[PDB]
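The structure to be discussed contains cannabidiol.
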Number of protein chains: 2
Amino acid sequence: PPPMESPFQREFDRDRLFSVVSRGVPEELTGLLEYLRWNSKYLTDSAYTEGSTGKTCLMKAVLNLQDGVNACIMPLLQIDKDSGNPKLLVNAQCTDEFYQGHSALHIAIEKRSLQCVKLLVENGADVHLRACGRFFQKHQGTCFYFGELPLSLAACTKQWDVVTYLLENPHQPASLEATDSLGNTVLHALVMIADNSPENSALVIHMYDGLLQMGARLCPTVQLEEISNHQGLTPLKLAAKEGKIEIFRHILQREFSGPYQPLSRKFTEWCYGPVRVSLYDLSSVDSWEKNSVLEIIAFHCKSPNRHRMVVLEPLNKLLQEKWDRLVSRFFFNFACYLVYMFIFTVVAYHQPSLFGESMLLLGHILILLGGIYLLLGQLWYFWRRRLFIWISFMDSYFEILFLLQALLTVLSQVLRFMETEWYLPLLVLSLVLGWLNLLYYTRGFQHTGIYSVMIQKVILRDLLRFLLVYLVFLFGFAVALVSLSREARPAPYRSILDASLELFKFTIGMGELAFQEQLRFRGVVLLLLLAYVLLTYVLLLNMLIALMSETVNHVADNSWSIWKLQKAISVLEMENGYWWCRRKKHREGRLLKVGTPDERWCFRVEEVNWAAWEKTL
Amino acid sequence: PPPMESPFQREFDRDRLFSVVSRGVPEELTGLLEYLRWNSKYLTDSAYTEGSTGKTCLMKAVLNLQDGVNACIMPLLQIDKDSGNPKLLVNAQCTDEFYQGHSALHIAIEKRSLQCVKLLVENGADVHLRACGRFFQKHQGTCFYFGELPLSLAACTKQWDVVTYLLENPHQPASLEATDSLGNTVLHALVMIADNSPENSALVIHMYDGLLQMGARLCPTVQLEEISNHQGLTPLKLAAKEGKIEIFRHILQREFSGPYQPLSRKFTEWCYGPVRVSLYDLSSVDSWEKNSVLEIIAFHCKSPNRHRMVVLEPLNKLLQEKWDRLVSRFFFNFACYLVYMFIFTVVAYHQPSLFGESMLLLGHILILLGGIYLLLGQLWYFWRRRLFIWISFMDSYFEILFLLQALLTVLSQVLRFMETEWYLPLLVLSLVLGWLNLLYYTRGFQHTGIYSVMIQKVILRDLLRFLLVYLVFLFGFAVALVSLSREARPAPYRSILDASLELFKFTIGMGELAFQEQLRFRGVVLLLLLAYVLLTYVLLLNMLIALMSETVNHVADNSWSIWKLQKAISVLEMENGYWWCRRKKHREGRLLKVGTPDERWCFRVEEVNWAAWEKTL
Ligand SMILES: C=C(C)[C@@H]1CCC(C)=C[C@H]1c1c(O)cc(CCCCC)cc1O
Ligand SMILES: C=C(C)[C@@H]1CCC(C)=C[C@H]1c1c(O)cc(CCCCC)cc1O
């Protein structure tokens, strides 16, 4: 990409004007103006910009600032005012793919100079110009997405007085409910620029609260937190989706006092010594609405801090009371699945060769009904999550296996109907997958669920890479053993499968090595087996030590948070009912008149904290 | 539960009075008083309270305070004084199950306002009213147990001047030796509200010492630390029972100087450079009394800090000299049990088929006598601990096994008397349990006892959850292997027991997998065995890594403290003698005249500390 400003890199005439404005002498510009009258030219023509981007001369003026001061910018406004052009200069943007839309007010705000932005919009510059280049889009290397607006650029770079001036100027008041070409307003942009660093979280929380208060002062009828982008997300939902937790935590529990009391969510109902009763707001933070923060946290967000967002209140108490409401249906589902797997096990064990036969036919048609029921249920589940199939796959890996087992038992039943003798491996693989999928329902109990999310420390990629190295080793020594044991002076290592088995048996502790005098090269085969044993012993040892050093590092125990996330995913998948009885969901919380006719569907938590009471003591 | 105060939630007329007292304007109340004369009503009637709880208007007055000040509370006292009622208002309580007994003095003290509580009890309010609701009982969610008294509420919320005023007012002096409806006095309540946080421990120690000194000043004849609740526990015993260690540690070793010298327990006998000789008090801190702190720490408390309470003095030296007195009886018991197990082993090994026979009959009747002796001893032990059978089971898990082995050998002897050929598995299981219970007596030696309490890192629940997952795996693949090996083209995996064995043998390193050409689906059975081996290898690896990461975290070594707790449990179970020779216990310590005619059964420790002497240097 071309650089915007470059102190020694080459990109009136063009170079003469660019050098005299890079210095910025206001009298040495004299002699330019009449030169524009003879040729009927303007300052925004393609011969007077950098023809690739379109970076005009005033953009170089606001780029090169003498300590934030430039004496030549208002000369350029006088020249463009009396240059005969219908169109302006300050509204003119670049045209390259990389800096598409990047005006000069963006540079005047970026350089943190109140004087130049004041002298720009006091002399008729636009404040809504969208800098929409690829440099200004997120999730790309060398990028800066600030929200594609001058007010969002002033907000995302901490410049307080430029925000208050841009909202409180008599020339052009910037729309606090404006948008970019992505749909994002300025609070969306503060959410997008946030990280999980503590100081950046403090900066974005500071600018968010201050901008929300100025929205109360300036535009009190509209509500800024209820505006959605082109994906239909409020800034709370955008903070839940893109994984920024600390601004999400700050928005979720927010208490203000006095005139800014209406734009709080954590109203305090009462207190009594150490007990404190708060009334949180469930404005789109519950599963009653279609697209809300619970469904976005569970099924839409792709981030590793996603399991920490169900820890914090009111989401803890909301998910806890939803789970207390639905734990009877969870264990009813588990009992139905246990009955189905008992039918599967008794049908498979008592299977005939290739009254009792009638009862087994009853069992077989019950298996086909249960299989087509689970198959339609899992297909409906994957159709509901059709937008994000990689977010139904990254964590909840049992919804793949329930589908796979149901598909395999339906296919095995139609292979039994179609006479084929290859149905019994499919029915057995279905039975194995069903008894394995029985361990999905261990979430509902506290301690075994905590252990079942604790028993997955060893990373699946960390296993597959070891399987790659071990299969290289086993295959190399397998072809080696068969091609050395091809000749003689039963026969071991006769085929590559039998030698692969006899080399794999060293890993399970059943491997036999001997000085087999049937072979001709018995010393070389014994030395090669010894080399295989030593190499795979070093291999398994290095895997054990490196995996233990990756795990045992005093890292924070996640198992309570991931267990609460798994129960949250389960209760949100369960609240829609089945695929035939689509039930109606409780509007959780009581509707309370709070402040001003603003009635909110509030949900009270009643929490005690002896440490917090004794420090407010 | 209904909220007590709620700033925007709806629960003269009732609403008019409630709003005008929530503001609190004293002149705008005028016009209420005559309205009570015409209808012959009062202020405490059910139409003038919240009819569910009974929250009167003055409770709303003391709830809504203008910075701890309310100008309307004494107007309400004038109205109730001249309202013609026989009964009062300030004594009137709520009547809901949740806030049962919660008067208005409790709110006046809770809001930390000396003015409102002064204007209450200077105008005739009770100070002994028991707030006994379910909100005010402990061990429940959203609860605050402060002791169900106004003085206990002032003490448990750090308010120093309200305590000194409530004890030192000329209107109604609060009884420092009062009680709730549970038996607890105020020092009991300070024990109940304590935690193991350091700052809360400092707060409860500060209020405890100050309240004890004011008990010396106000009520010097009675002793506040000798008052027991309805379970019969002093506050030292309540601190030992409910597990609060730091207030227990502070009460146990307490030194004061000067006029508060009589209410100390750690009197200093002498010092000589680094050696320091102290005279601790054994007022109910020894096993001579029936119910004391040693028997409560060992056999009554249910807490994980229970093993740290035998570390600290004088309990360390007391248990050490008791163990030096009783270690000969401990190893006499161990030698008797070793003789009994040698008789059991020689009788079992030389058992006949289904002089020497007479000697074996002598051995059999010796086994029956030893078995009925151990059975009666363990039944007497479980009858003595009949109140807390879960505290004879949570730590001391050998008293279950001694009972089980004695019961099994008595049952095996009566099955040999009753001719039955099923006696020999019971006698063998008794012999196994007896040789296993021989490892109980390893407590008496220092280093092997420290190792035997060190060799129990792996949690029993952490094993049982792995056993659940592994049994799911083994059962699924067992029915899979038998139903695939049902057909052919000896026979392996013929039954589910034999396949369960041949799959369990992979875990001990003896499992055989081969390309068994007797079977028809030999490739599917080999692939299924390979899948079982890989899955259980990942399973055992995840158990090992997760269990090692749970254990190896630089946690503090408990093994000395739990070894001292095990020796304490042993010496307290041994000091009662056997179930036939119930011996008399030494009153440990010397009776010394200390201060004023207050003779205490003191026990001196003689401890050196080079670090403590050099900082007092
Ligand atoms: C079974 C042996 C002899 C031990 C057993 C335990 C451990 C992990 C070390 C084994 C061992 C190797 O497994 C391999 C070598 C030589 C490395 C070969 C690669 C150049 C030495 C070596 O002591
Ligand atoms: C014996 C093998 C091949 C190694 C030996 C040591 C370690 C713990 C890893 C084993 C192993 C699995 O035990 C399982 C897989 C695949 C996971 C199956 C579940 C999808 C790969 C994988 O390298």
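Read the sequence lines top to bottom; their chains are A, B, and onward. The numbering of chain A matches the PDB entry: 32-42, 75-417, 429-563, 587-693, 699-719, in order. Residue numbering for chain B follows the PDB entry, covering 32-42, 75-417, 429-563, 587-693, 699-719 in order. Both counts, for ligands and for their atoms, begin at 1 and track the order of listing. This depiction is restricted to one part of the PDB entry, and every contact reported falls within that part. Values reported hereafter were calculated over all heavy atoms of this structure, with side chains retained and with hydrogens, waters and symmetry mates removed.
- Other chains within a heavy-atom distance below 4.0 Å of cannabidiol (ligand 2) are, by letter, A, B.
- Between cannabidiol (ligand 2) and the membrane-spanning segments of chain A, as UniProt orders them from the N terminus, heavy atoms come under 4.0 Å only for 5, 6.
- In this structure, the binding site of cannabidiol (ligand 2) at 4.0 Å (heavy atoms) is formed by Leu537(A), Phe540(A), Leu541(A), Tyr544(A), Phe601(A), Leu637(A), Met640(A), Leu631(B), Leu632(B), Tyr634(B), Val635(B), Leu638(B).
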